[PDB]
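First up is the structure itself, then whatever we jot down about it.
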Amino acid sequence: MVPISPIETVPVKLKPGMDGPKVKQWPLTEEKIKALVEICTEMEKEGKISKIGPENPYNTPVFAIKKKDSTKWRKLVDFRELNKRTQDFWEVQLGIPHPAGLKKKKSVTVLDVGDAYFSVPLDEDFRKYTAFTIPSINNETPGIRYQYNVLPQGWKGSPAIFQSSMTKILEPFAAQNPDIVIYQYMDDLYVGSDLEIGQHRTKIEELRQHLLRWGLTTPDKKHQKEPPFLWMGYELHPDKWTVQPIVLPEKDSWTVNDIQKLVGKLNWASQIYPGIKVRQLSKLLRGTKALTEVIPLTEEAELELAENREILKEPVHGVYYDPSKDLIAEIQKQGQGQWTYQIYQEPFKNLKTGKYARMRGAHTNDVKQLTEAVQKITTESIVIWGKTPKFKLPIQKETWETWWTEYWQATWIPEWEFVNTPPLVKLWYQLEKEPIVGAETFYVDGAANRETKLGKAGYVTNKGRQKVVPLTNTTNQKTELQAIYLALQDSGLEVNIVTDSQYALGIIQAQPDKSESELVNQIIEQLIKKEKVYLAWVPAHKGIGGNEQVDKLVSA
Amino acid sequence: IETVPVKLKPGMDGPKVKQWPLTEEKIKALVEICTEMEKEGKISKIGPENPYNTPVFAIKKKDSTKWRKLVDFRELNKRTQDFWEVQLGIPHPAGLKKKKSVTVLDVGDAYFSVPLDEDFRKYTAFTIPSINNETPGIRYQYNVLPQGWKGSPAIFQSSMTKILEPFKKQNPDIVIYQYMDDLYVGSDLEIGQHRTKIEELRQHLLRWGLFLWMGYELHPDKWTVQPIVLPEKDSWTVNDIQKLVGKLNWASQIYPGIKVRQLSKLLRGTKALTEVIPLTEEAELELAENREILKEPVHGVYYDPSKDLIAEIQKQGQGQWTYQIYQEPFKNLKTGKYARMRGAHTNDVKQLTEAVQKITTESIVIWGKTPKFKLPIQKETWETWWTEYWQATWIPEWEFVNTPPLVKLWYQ
Ligand SMILES: Cc1cc(/C=C/C#N)cc(C)c1Nc1ccnc(Nc2ccc(C#N)cc2)n1
Ligand SMILES: CCOC(=O)c1cnn2ccccc12
């Protein structure tokens, strides 16, 4: 015999204070028992399981299930209880590669490593916890007891330990062959390269020889899997990638479950198909959670759906990453807090696309949302390519400069250039830094009775202009905003406004261009019409002229 | 050799903290660094039976061609036992902040000389990710005292003592203070020979066994503060008086005796914001009395070592930043202002990151601990960029301020 290298076992423990499973075996029909005995006899002769004595206290239930509409049986060991009691592991494979970060390959070959999959030894001290019992015919003898010597299917640590063991085996091969890439998933081993075909085939034979060191045999008859590959919802081709087919169903009536599936498909599609929008469709999913409920689609949701159908009418593919070229990210505003982007290297060939939606909030503006979209794309790009793309953004350099220098928060976006591609992000208003000479000064206030909801809002000015409006179903905060609104509505193009409202100052200092609040929106619309606005704050109830006079008016 | 038993605090598991995305250049740097540490026995590869993780990244200190590995042990540090075992802790030296020059050395490499307790090593697990997760992340744990872990200066302390003993007996006036991977060495000497004294110090460490050559020069005796000051004007507009009354109203929360009544009367009627108002005699007296009040220290201000320090920062524009360090609202232990450049003129977030580092340094020098920051930045913006600008070997805790503070204008 040719000596083979053993696979070193990973030491495994139960969670602290926990013991192994003891779970009753349910009775089985005589047929299932005969089938399990046969199955286990075979497994036992190839060393996967071993018979154990009566001393082992542990048990996990075993079942006999069927293949598809035919005669044969398969053993299923239900590890749910042992899994609850098993320690956590580190899984090498989690956070799968994105196709857009892959490199084009001339050849990709697939090798069958299914025999390794079932051959990794289990830590000797942990085997006892894997004990199971085939019930006896008629229950007239002790059940036959076995435990696992190898990683069981269904056990919590099997994927992590298999991945780690396979990694350790492949590592020297990968390290000493920098001219190939390798990827391993379950029973398949993939090798890509740019090598001349003769060299590529040789590499494969060398890998097969390498694996033989551990006794892992790869069938000589060549794999029936060749590119393109269906993997993780994608289609990988040697020179391009895409998402597997996205077909949007026709229906006269839509259900919560139908809408969730639609949105799911659209989100998946959005990583390649440019301009996909989910806003109005995800909107129908709000706060319901009865999966059978039929929701009439709004006209807005119908428009969105039809827009998506056009985008999805024919296949679109992404290209792979070329490390020798700059990555460029271009972003467009779509409206309603929706943003879309494309990442490319050469014009007209995208690596991938995607979307960003505005965060839930009372007030917002386009510059903040664009900034957020940029940071999200930046982080995604670091994950996929390990570098920040150069940005093409629909905002003028002068607009950005005015924004960040005056914004109360630190803010930054990385290297970028303006692309003139409407709609452009702009500043809709900017407040003055100093009081305006020659502009009328409005002292505003509002107040409300917390009990009855009655209130007043108003202003008095240095020219003796005055207004007080009675209000119903209002609050102090709303009256304070109403007072600012009135001053804006009644003043000329340049105005000084004096308020005591810390609430209003906080909102206006956040520079919203859009609000959940109707009143804030009306204030924004008025600010947009002004040439100059200076907003001054003073403390309440201090004896400040024009402030009392209006405070007294609005109180009662 | 002589391993100190270390434990997590009761009822706590090890850190599982996600590794954040790293750039290609940082990954390459870390692969090179870790390959060498592994050869030197400082770290070892680990298997899937270790679930734990702490994030790692790489930095470049000021004026250097070499990358430095930086592990963010913040979670492990919270979860690690306080050390009462032998030492009850050092009283923080109060003279350090009074020294004319304080140089900061990175001594962390010395820690690698001490083996880490075998039972605790697993909690130091970290991962070097690969771009696009195309290859399995490389998993390691420490075999020795890691840089950045709060336990390292504790366990190494008896070694550091012996090392510095001849330097201390020979230079009894020089103050040496250790915080994490840093040694802070103060003196009143002329800068030329201060630099010789620290170089003399480096040799003791260099001679013993084995970025030490670097030094970071501070002059804490020249560090300033920011008392509340009021404008001195010949003509006051309505707007000027409104801003003054606003600022005094704010100050009256800090200083009880402050009065606005006479000033608040000055504006009488509703006048144009830009109109000039002559001060009444009563108003001038009040303003004068307020000025004198603001020259005195704040009442009932005391540092409590058992409470967190909180640091607030305001962006003032044109590269200017103000900050306050306190424990309780309105009792400020330190205030300050940075009007400065150091690159960053077109980058706000770099400026803020440098401010955070400077404030944390001041905090360590004065109180021997880092404060908890309230940062005027959106979380996603900070989290994306701060590691690009970070030159320090420690990292403080932070929270984010999403509502603009009205008080920014009064620290201006
Ligand atoms: C992640 C991955 C999945 C599969 C396969 C998964 C499956 N099923 C196969 C390989 C080789 C890889 N790994 C890498 C690494 C770097 N570039 C590439 N490029 C690349 C991969 C496949 C095709 C094709 N056709 C083209 C280029 N693949
Ligand atoms: C067990 C999973 O292994 C891999 O997918 C893999 C991809 N590149 N690579 C390099 C060395 C070892 C494993 C791998």
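Each chain gets a letter, A, B and so on, in the order its sequence line appears, and its residues count up from 1. Ligands are counted one by one from 1 in listed order, and the atoms in each one are counted from 1 as well.
- Picking from temocillin, perampanel, vismodegib, rebamipide, rilpivirine, the compound at ligand 1 is rilpivirine.
- The chain sharing the greatest contact count with rilpivirine is, according to the PDB entry, reverse transcriptase/ribonuclease H, exoribonuclea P66 RT.
- Lab note - other chains with heavy atoms under 4.0 Å from rilpivirine: A, B.
- With a non-hydrogen cut-off of 4.0 Å, the residues around rilpivirine amount to A:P97, A:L102, A:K103, A:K105, A:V108, A:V181, A:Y183, A:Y190, A:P227, A:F229, A:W231, A:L236, A:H237, A:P238, A:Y320, B:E134.
- Atom 8 (N) of rilpivirine has its closest protein heavy atom at A:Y190 OH, 3.2 Å.
- Less than 4.0 angstrom separates some heavy atom of A:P227 from each of these atoms of rilpivirine: 25 (N).
- The shortest N/O to N/O separation between A:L230 and rilpivirine does not fall below 3.5 Å.
- In this PDB deposit, the label for chain B reads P51 RT.
- Scanning the protein heavy atoms around atom 20 (C) of rilpivirine, the nearest turns out to be A:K103 O, 3.5 Å.
- Covalent bonding of rilpivirine in this entry: none to a chain.
- Protein heavy atom nearest atom 26 (C) of rilpivirine, with residue, atom name and distance: A:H237 O, 3.2 Å.
- The shortest N/O to N/O separation between A:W231 and rilpivirine does not fall below 3.5 Å.
- Shortest contact from atom 11 (C) of rilpivirine to any protein heavy atom: A:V181 CG2, 3.7 Å.
- Looking only at protein heavy atoms, the nearest one to atom 3 (C) of rilpivirine is A:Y183 CD2, 3.4 Å.
- Closest to atom 16 (C) of rilpivirine, if we only count protein heavy atoms, is B:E134 OE1, 3.6 Å.
- The protein heavy-atom contact nearest to atom 21 (C) of rilpivirine is A:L102 CD1, 4.1 Å.
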